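The model presented next includes ponatinib.
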Amino acid sequence: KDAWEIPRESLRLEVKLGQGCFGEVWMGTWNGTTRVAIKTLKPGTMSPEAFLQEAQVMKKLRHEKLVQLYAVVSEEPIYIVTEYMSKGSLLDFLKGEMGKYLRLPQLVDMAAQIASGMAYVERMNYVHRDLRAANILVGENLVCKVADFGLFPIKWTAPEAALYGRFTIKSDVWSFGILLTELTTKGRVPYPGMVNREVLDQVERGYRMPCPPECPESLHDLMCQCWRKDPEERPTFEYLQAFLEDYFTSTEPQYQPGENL
Ligand SMILES: Cc1ccc(C(=O)Nc2ccc(CN3CCN(C)CC3)c(C(F)(F)F)c2)cc1C#Cc1cnc2cccnn12
């Protein structure tokens, strides 16, 4: 009883892309013609009402840089159907064969797209809560879109959120600064060689990751703005998006390619 509802026979599940405690992610086909991604809910693993709230949120969000809901099968077994992003998660994309060809212009453009999606989240007064490369999807032509797979990522979380539960758009901005290090290191785990307990105490003392090799200091300066201790002093996503879009003209006009960035 909804315009999003589709018949069960119009959806075909072709390849299992992921497993979870609550369900699976598949690639499949909708209406025989449209390639789609599909989230399933294991019967009895979580409240159907609880699972379907995801779909209710996605019905209200529509932006070119956010993975787009296409369809729902809303009675058990429940299915949530979205557009398909052919290159998979940004984390895997960076770690895999393509990583060797990505240089700073592609990585900054990817960051600018993610910032645009998060600027929409910001305009709509939502909060992501788990922004990191594992929750970004990549398509043809290096298109990047914000997603949420419901995946503790202390290393990506702002200290006021990790310590006190203060999750806001500004703690997402912190996470975006961490995501900038994942881009510029081709997907490495942040704070290399530190465990969670060291990270939280180190960051509280004022430690911040140093500038990654071959990364311009001006982009590390941007990371450090995202990691300001006071959340209201961090930049908006609107600002981050504009900075990254304009980066190679306004900020690094004499960038030259290196071996890795
Ligand atoms: C099937 C599916 C279902 C749902 C979602 C999904 O991301 N839902 C989502 C739910 C909430 C929010 C925002 N809230 C976050 C929390 N926050 C507290 C409130 C706001 C957002 C967001 F994108 F806006 F962030 C997204 C993605 C997929 C996929 C897929 C897929 C597509 N191509 C490929 C290729 C390879 C592997 N997977 N894959």
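Along the sequence shown, the residues carry numbers beginning at 1. In listed order, ligands and their atoms are each counted from 1.
- All instances of ponatinib together account for ligand 1.
- Most heavy-atom contacts to ponatinib (ligand 1): the chain the PDB entry names Proto-oncogene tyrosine-protein kinase Src.
- Residue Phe167 places no heavy atom under 4.0 Å from ponatinib (ligand 1).
- Checking only distances, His128 does come within under 3.5 Å of ponatinib (ligand 1), N or O to N or O.
- Residue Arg129 has no nitrogen or oxygen atom sitting less than 3.5 Å from a nitrogen or oxygen atom of ponatinib (ligand 1), judged on distance alone.
- The shortest N or O to N or O distance between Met85 and ponatinib (ligand 1) is under 3.5 Å.
- Close contacts of ponatinib (ligand 1) with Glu83, meaning ligand atoms under 4.0 Å from a residue heavy atom, involve 32 (C).
- Annotation: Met58 places no N or O atom under 3.5 Å from an N or O atom of ponatinib (ligand 1); distance criterion only.
- Of all ATP-binding residues UniProt records in chain A, the ones placing a non-hydrogen atom under 4.0 Å from ponatinib (ligand 1) are as follows: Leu17, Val25, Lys39.
- Near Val127, meaning under 4.0 Å from one of its heavy atoms, ponatinib (ligand 1) places the atoms 16 (C), 17 (N), 18 (C), 19 (C), 20 (C).
- Per UniProt, most contacting residues of chain A around ponatinib (ligand 1) lie in the domain Protein kinase.
- Distances below 4.0 Å separate heavy atoms of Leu61 from the following atoms of ponatinib (ligand 1): 24 (F).
- Using a 4.0 Å cut-off to heavy atoms of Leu137, the atoms of ponatinib (ligand 1) that qualify are 30 (C), 31 (C), 32 (C), 34 (C), 38 (N), 39 (N).
- Interface atoms of ponatinib (ligand 1) facing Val67, defined by a heavy-atom separation under 4.0 Å, are 6 (C), 7 (O), 27 (C).
- Heavy-atom contacts of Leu66 reach the following atoms of ponatinib (ligand 1): 24 (F) (cutoff under 4.0 Å).
- Atom numbering of ponatinib (ligand 1) starts at 1 in the shown order; those under 4.0 Å from a heavy atom of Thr82 are 1 (C), 2 (C), 3 (C), 28 (C), 29 (C), 30 (C).
- Defined by non-hydrogen atoms within 4.0 Å, the binding site of ponatinib (ligand 1) is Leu17, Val25, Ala37, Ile38, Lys39, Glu54, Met58, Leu61, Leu66, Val67, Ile80, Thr82, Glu83, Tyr84, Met85, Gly88, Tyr126, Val127, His128, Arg129, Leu137, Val146, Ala147, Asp148, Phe149.
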In a simple table, one pair per line, please give the protein and ponatinib (ligand 1) atom names for every N or O pair closer than 3.5 Å, along with the distance.
residue	atom	partner	partner atom	Å
ponatinib (ligand 1)	7 (O)	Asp148	N	2.7
ponatinib (ligand 1)	7 (O)	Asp148	O	3.3
ponatinib (ligand 1)	8 (N)	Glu54	OE2	2.9
ponatinib (ligand 1)	17 (N)	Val127	O	2.7
ponatinib (ligand 1)	17 (N)	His128	O	3.2
ponatinib (ligand 1)	33 (N)	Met85	N	3.1

